[PDB]
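One structure is given here, and the rest of the page talks about it.
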Amino acid sequence: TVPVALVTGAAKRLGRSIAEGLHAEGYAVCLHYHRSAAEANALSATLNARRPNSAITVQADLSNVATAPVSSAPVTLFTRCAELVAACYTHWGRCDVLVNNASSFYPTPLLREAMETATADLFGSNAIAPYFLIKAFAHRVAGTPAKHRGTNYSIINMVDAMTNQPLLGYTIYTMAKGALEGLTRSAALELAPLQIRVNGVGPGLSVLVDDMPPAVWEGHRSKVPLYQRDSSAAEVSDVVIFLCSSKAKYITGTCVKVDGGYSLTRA
Amino acid sequence: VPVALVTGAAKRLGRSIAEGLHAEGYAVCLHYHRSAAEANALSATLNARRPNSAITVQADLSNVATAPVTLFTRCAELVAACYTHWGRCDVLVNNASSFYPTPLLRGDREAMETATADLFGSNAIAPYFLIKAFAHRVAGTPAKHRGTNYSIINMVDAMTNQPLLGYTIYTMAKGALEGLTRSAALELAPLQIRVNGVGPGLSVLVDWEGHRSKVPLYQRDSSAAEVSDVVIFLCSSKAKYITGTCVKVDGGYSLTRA
Amino acid sequence: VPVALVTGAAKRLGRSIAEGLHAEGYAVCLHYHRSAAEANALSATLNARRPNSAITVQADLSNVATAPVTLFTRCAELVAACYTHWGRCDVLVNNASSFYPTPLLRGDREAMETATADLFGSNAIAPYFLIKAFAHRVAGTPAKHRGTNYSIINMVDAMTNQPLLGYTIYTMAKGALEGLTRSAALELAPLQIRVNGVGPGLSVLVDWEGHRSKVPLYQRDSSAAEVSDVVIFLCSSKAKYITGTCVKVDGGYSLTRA
Amino acid sequence: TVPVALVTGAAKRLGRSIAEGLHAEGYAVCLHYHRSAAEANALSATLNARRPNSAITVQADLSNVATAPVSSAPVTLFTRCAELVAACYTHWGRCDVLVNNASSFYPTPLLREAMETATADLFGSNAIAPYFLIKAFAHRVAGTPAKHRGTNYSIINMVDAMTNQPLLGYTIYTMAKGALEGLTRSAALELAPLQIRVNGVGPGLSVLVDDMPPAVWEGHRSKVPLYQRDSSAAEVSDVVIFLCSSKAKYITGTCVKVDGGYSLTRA
Ligand SMILES: NC(=O)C1=CN([C@@H]2O[C@H](COP(=O)(O)OP(=O)(O)OC[C@H]3O[C@@H](n4cnc5c(N)ncnc54)[C@H](OP(=O)(O)O)[C@@H]3O)[C@@H](O)[C@H]2O)C=CC1
Ligand SMILES: NC(=O)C1=CN([C@@H]2O[C@H](COP(=O)(O)OP(=O)(O)OC[C@H]3O[C@@H](n4cnc5c(N)ncnc54)[C@H](OP(=O)(O)O)[C@@H]3O)[C@@H](O)[C@H]2O)C=CC1
Ligand SMILES: NC(=O)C1=CN([C@@H]2O[C@H](COP(=O)(O)OP(=O)(O)OC[C@H]3O[C@@H](n4cnc5c(N)ncnc54)[C@H](OP(=O)(O)O)[C@@H]3O)[C@@H](O)[C@H]2O)C=CC1
Ligand SMILES: NC(=O)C1=CN([C@@H]2O[C@H](COP(=O)(O)OP(=O)(O)OC[C@H]3O[C@@H](n4cnc5c(N)ncnc54)[C@H](OP(=O)(O)O)[C@@H]3O)[C@@H](O)[C@H]2O)C=CC1
Ligand SMILES: CN(Cc1cnc2nc(N)nc(N)c2n1)c1ccc(C(=O)N[C@@H](CCC(=O)O)C(=O)O)cc1
Ligand SMILES: CN(Cc1cnc2nc(N)nc(N)c2n1)c1ccc(C(=O)N[C@@H](CCC(=O)O)C(=O)O)cc1
Ligand SMILES: CN(Cc1cnc2nc(N)nc(N)c2n1)c1ccc(C(=O)N[C@@H](CCC(=O)O)C(=O)O)cc1
Ligand SMILES: CN(Cc1cnc2nc(N)nc(N)c2n1)c1ccc(C(=O)N[C@@H](CCC(=O)O)C(=O)O)cc1
């Protein structure tokens, strides 16, 4: 049987490595994107060239805002999330794995309309959208006759090993990852009767090159105890792939740091 | 005369905190949403004990616009009310909180959206804006006239790490509130504003034998004072080196397993 | 008149805790190992303030036999000393602790063995036996005459989760002490004995700019009182619902990263 | 190249599944035992029959006590630990992985000579021995010319997902696993310059059958959220095997619970 994975924010960086890793194990993957349409579609062609009808793309703004319909009233985040899960059942009749990877990240310093949009985008992508996606995912397994349910349902939330040692100026982001840790434990307990495992993976510093200038990149990366560098995308994605595997079937409600020991440091 | 702003101060733990802060000598702003009678009464009682020592401000802390006025603005006005009235705000206790189920399994969408805005707003988004407004006011006060003992206390939950079945949005919001405690504690340290949490286990359940009987210490839920006295302590000059920490007040219930 | 047993009470934080407990009215047993002069002096000062309010007992708390006498026996005698003298022991503060490096990399074996016995004994094995002896005495006292406020405070470390390079045995012993706090808090709940921890960050470093300057709140280490006042609070009847918990007193240093 | 793993307490149950799992990946394994000599030696024959010269056995009491020499003065735990690591270099010239699995577990209620032996056995097996074994392991890699060091050194400590919700009456055991968590973080930081990763795996309830009578076994196992049963030995060992793999190379200083969500419960 060919299981299916829905990966949010899958066009590049960590999300693309998670989609590639799952595809390498045999999963058909639904690649969600927000602004990186070209990149998502290129990845999709690359995957379908390797194995036909093994990848599809779907667009969505996961911020906690209402959007205009694509054909009466404004569409809610809840609906958009339900439609992402639906795309998987419509195309392949199942959704075995959900990886909540999409996430906005920018400052919200404590010391007008921008603040409201930042709250909805940072909390929606990192926490409210994952909540609605898990709810739609669980509803679809619950509506599937037991004799037709898959045998290895897994949800992975991408959290952050370092949020307990806050990055100064990123309060809303930090709060939203703490809510995501709370969703991981609450959903793991609640969904355990359906055999749906829910776990987190929390990178420390990963693929810094694209986000920081040389000198800043060098300076951050030097404080990681193990290897004195940021991780590669595969160093993170291989752990997500292992948690979705049948070998990790007794693991639920846990968050695994993939941080090279950065959380063990002190100023 | 120091000033304390207590959210959800009309009754139960919020009332107990206001009383305790009032006994150490603070002037207290009693925020309420639906409990106007109870709020006004408490205020009258406190003013009877010591004139012009209590006021009341109403506000919905759900993350919704009202007749428009955003949540932020409402939060800022609550902080502005302490200044306007008494010219200062030294303590802030984020206690108001909605709490009911949001089951993952089994007009409905609109109610779901109201529930996320109410549970997330009261437990996390409002506390954030309140913290941001409190900070902005301390920063704007010339160093020479600042208070010497600014403390912000967030009421968390000792048991959210062992989730209550069917309360996901609430649990997620308390997790966001723990994050806010650590982040604001770090960022507001230069202004000497301490930010800490207090996490009750089972408290004032009546205001049940199945639940109470599982608490290791005393086999009962706590009284309101058993929690507010901890909150007053954290606000005292003696807990001056304590910041970014959450103190459980749960009789050992978090030490238990099924 | 309640009685407190403070280990490593001769100076620094231990001295500050004894002073603070003495000011709330407790009779205090001042344990010491090598600091006889300082211990005896403190005792004289306290007895000058209030007659027959302080004593001194010497004991090595390393996990070694002495001239044989085991550590357990020595621990039991320390508890027996409070009873013998004043007929009661209501509070126990496990503060004594050895702290020096045990590097993983780069007669030697005998010194390694002395180091494990001293660091593990003082920070964890002694506290265990002391707790076991304290419990045994409360259990043996007819319910009718027990105290009404038994508290055991273990001095932990807010920063052991971000280890100091080269102090493995010490870090492991503080981890064992956190375990003891939770286990004894759960097991001693029926006898109403509370067991909690207090974890300093950087305190009384002189009794350094590199270290101090990294503390978010105040950019300095704490004073002794900034830590002992927390310990006295936990021992007070007002923190009666608090059990099995560790309170950090670190100025936010545990919130930092390299 | 054939890497070597030293597994303590490897004769049965979880330890034997960890040794079997590592051997299946190609490692030569040194099987340490204390009282289960016959069982250790049988496993050793089974492994060597599958692949010659791939398994050896070594005996040792890991309690923090001195023992009589096997040929002047009484031998210390430190020496016995160093000799376990030495056995691997003597036989195969290397020791790539160390799994600290051996552990005593029995009550030490708070409410004569037995207490001293319990303290040394419970703290030695669960914490002091792991400390000395890691120290000997690190010393041997440090003494190996860099050009000859292996490329994937990993130490795994078996901890306990449930020690933060203490089992009534097991104080010394609980304290010793807390010290083992402290050793995991301290050693991960200190050894990171040598690229030696140190992580923990913490089962919840596993292979209960042998340790509990039917009715008690049934009652405990029913409180696990996921599956309402205790785990199998492989459900735990597959996670240890994954953490020793090159795919887990950016993970250090972390403890992964394998508990079916049991730590998420409350009384
Ligand atoms: N990189 C690192 O060091 C760290 C990573 N993590 C976590 O790992 C995960 C992956 O990290 P990384 O690859 O760096 O993440 P990115 O910052 O690269 O974001 C991944 C994607 O999320 C999407 N996204 C952002 N906002 C929205 C939105 N409003 N609606 C829908 N999608 C949105 C984007 O899609 P598009 O481009 O299509 O718009 C983007 O490509 C994240 O959850 C992150 O928080 C945690 C700690 C560190
Ligand atoms: N009680 C317990 O066992 C526990 C409590 N806690 C925490 O302690 C704190 C106090 O607990 P408790 O006293 O039980 O709290 P309540 O359930 O009694 O609520 C306190 C108050 O908050 C207010 N509130 C609710 N929704 C809103 C809203 N949308 N806008 C503004 N105000 C709102 C109410 O005001 P009004 O009545 O005026 O409308 C209410 O009186 C809470 O943060 C709670 O999560 C943690 C764990 C356990
Ligand atoms: N100071 C700090 O920054 C921090 C302290 N803490 C903790 O707070 C507590 C108090 O700290 P601090 O005041 O610095 O402690 P110290 O380093 O000053 O030691 C306190 C005392 O413990 C005693 N002691 C040491 N070894 C033994 C032994 N083998 N047997 C009996 N007694 C012994 C000593 O007694 P004598 O002098 O009479 O021999 C000594 O005065 C400790 O548990 C410590 O780990 C935690 C983090 C930081
Ligand atoms: N089973 C479970 O539910 C749980 C397991 N864990 C942990 O997982 C690991 C494996 O668990 P499990 O298989 O149940 O363990 P066992 O209790 O079966 O013990 C494993 C082995 O440890 C050895 N051992 C005990 N004392 C000593 C000693 N003094 N010196 C040397 N070796 C000694 C034994 O060797 P021999 O037989 O050769 O004497 C024994 O076979 C342990 O660290 C345990 O604490 C944690 C939580 C739950
Ligand atoms: C660790 N990290 C990498 C990084 C890149 N993309 C991500 N994307 C998401 N969704 N989540 C992350 N955690 C994330 N992290 C970082 C960390 C700090 C700064 C940095 O400090 N940047 C600010 C400035 C710092 C400040 O506000 O003081 C900037 O915008 O330049 C950048 C990237
Ligand atoms: C601790 N608590 C009291 C209580 C009362 N008011 C509060 N108010 C707020 N704001 N926050 C709280 N945590 C809170 N807690 C509890 C604890 C357990 C259950 C109980 O087990 N309840 C469920 C079961 C859930 C379900 O199956 O729907 C329920 O329906 O409430 C209720 C209240
Ligand atoms: C917080 N502290 C003060 C201090 C003083 N006495 C104590 N006494 C006890 N019992 N426990 C403590 N934690 C303690 N702490 C510190 C903190 C850092 C360093 C410091 O960085 N030191 C190293 C570096 C280690 C090395 O490379 O060997 C050292 O040699 O002590 C020293 C003392
Ligand atoms: C979860 N577990 C399985 C089990 C079996 N072997 C192990 N072996 C080790 N080394 N470590 C473990 N954690 C471990 N755990 C348990 C848990 C409780 C009891 C049980 O309660 N046993 C006591 C009695 C309980 C009590 O003392 O009150 C007994 O000896 O019968 C037994 C096994």
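Chain letters correspond, in order, to the sequence lines: A, then B, then on. The numbering of chain A matches the PDB entry: 5-75, 80-119, 133-288, in order. By the PDB entry numbering, chain B shows 6-72, 82-120, 131-231, 238-288, in order. We're sticking with the PDB entry numbering for chain C, so the shown stretch reads 6-72, 82-120, 131-231, 238-288, in order. Residue numbering for chain D follows the PDB entry, covering 5-75, 80-119, 133-288 in order. Order of appearance sets the numbers: ligands from 1, and atoms from 1 within every ligand.
Among methotrexate, tetracycline, troglitazone, fludarabine triphosphate, the molecule seen at ligand 8 is methotrexate.
Here, the chain sharing the greatest number of close atom pairs with methotrexate (ligand 8) is referred to in UniProt as Pteridine reductase 1.
Counting only heavy atoms under 4.0 Å, the other chains near methotrexate (ligand 8) are D.
Within 4.0 Å of methotrexate (ligand 8) on heavy-atom distance sit the residues D:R17, D:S111, D:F113, D:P115, D:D181, D:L188, D:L189, D:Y191, D:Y194, D:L226, D:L229, D:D232, D:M233. Counting the atoms of methotrexate (ligand 8) from 1 in the order shown, those under 4.0 Å from a heavy atom of D:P115 are 27 (O).
The distance from methotrexate (ligand 8) to the heavy atoms of D:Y194 drops below 4.0 Å at these ligand atoms: 11 (N), 12 (C), 13 (N).
Close approach of methotrexate (ligand 8) to D:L188 (heavy-atom distance below 4.0 Å) involves ligand atoms 17 (C), 18 (C).
Numbered from 1 in the order shown, with element, the atoms of methotrexate (ligand 8) that lie under 4.0 Å from a heavy atom of D:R17 read 5 (C), 6 (N). Within the listing of methotrexate (ligand 8), atoms 16 (C), 17 (C), 18 (C), 19 (C), 32 (C), 33 (C) sit less than 4.0 angstrom from a heavy atom of D:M233. Within methotrexate (ligand 8), counting atoms from 1 as listed, the ones closer than 4.0 Å to a heavy atom of D:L226 are 1 (C). Of the residues UniProt marks as active site in chain D, nearest to methotrexate (ligand 8) with least heavy-atom distance to 1 Å is D:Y194, 3 Å. Which parts of methotrexate (ligand 8) touch D:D232 is read off a 4.0 Å heavy-atom cut-off, strictly below it: atoms 4 (C), 5 (C), 6 (N).
My check of the UniProt substrate-binding residues in chain D for heavy atoms under 4.0 Å from methotrexate (ligand 8) returns no residue.
Both criteria (UniProt NADP(+)-binding in chain D; heavy atom under 4.0 Å from methotrexate (ligand 8)) are met by D:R17.
Distances from atom 8 (N) of methotrexate (ligand 8) to the protein include at least one heavy-atom value under 4.0 Å.
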